[PDB]
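Here's Basic phospholipase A2 VRV-PL-VIIIa with atenolol bound to it.
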Amino acid sequence: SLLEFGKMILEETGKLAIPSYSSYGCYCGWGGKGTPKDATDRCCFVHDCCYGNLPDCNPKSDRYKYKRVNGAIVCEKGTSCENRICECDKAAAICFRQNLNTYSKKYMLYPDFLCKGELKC
Ligand SMILES: CC(C)NC[C@@H](O)COc1ccc(CC(N)=O)cc1
């Protein structure tokens with residue numbers, strides 16, 4: 001669920017899920033349309049695509065359990081939806097951590113009209 005994801009982001013990046021990643025680019029937080037603005041925006045695009053592969057699960061509200069083995073994120077055995085959601089977030093977190101160095105504030109609160117373009121998962 002989102003309680004898990006946000007906690008994961010903070011631990012990983014140090015920035016806070018909301019508002020650092022709840023309204024960035026064209027995909028973080030708001031999904032929909034567009035061409036991802038930057039690397040962090042691409043993690044969101046890929047992440048949204050990740051939840052999209054799980055039709056009958058509830059990413060936002062189904063809680064899962066994960067642990068750290070010296071820094072590694074280890075998703076714990078749960079329902080199979082819980083296992084797959086967890087993997088989807090673990091990636092976003094890793095991806096987020098990987099492009100902290102290019103996280104740019106001008107994409108914060110990014111306006112919608114500026115997000116039109118085509119991208120299939
Ligand atoms: C505590 C506050 C009010 N949070 C409400 C909460 O709905 C914030 O919302 C969201 C909505 C959707 C997502 C999708 C995720 N990033 O992939 C992440 C966070």
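Note that the numbering runs from 1 along the sequence shown for the chain. Just so you know, ligand 1 is whichever comes first in the structure, and atom 1 is the first atom listed for that ligand. Scope of the values below: all heavy atoms of this structure, side chains included, with no hydrogens, waters or symmetry mates.
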Per UniProt, some residues of chain A bind Ca(2+); which of these have a heavy atom under 4.0 Å from atenolol?
-> none
What organism is given for chain A in the entry?
-> Daboia russellii pulchella
Can you identify the UniProt active-site residue of chain A nearest to atenolol and give the heavy-atom distance to 1 Å?
-> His47, 3 Å
Taking heavy atoms and a cut-off of 4.0 Å, what residues surround atenolol?
-> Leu2, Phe5, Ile18, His47, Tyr51, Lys60
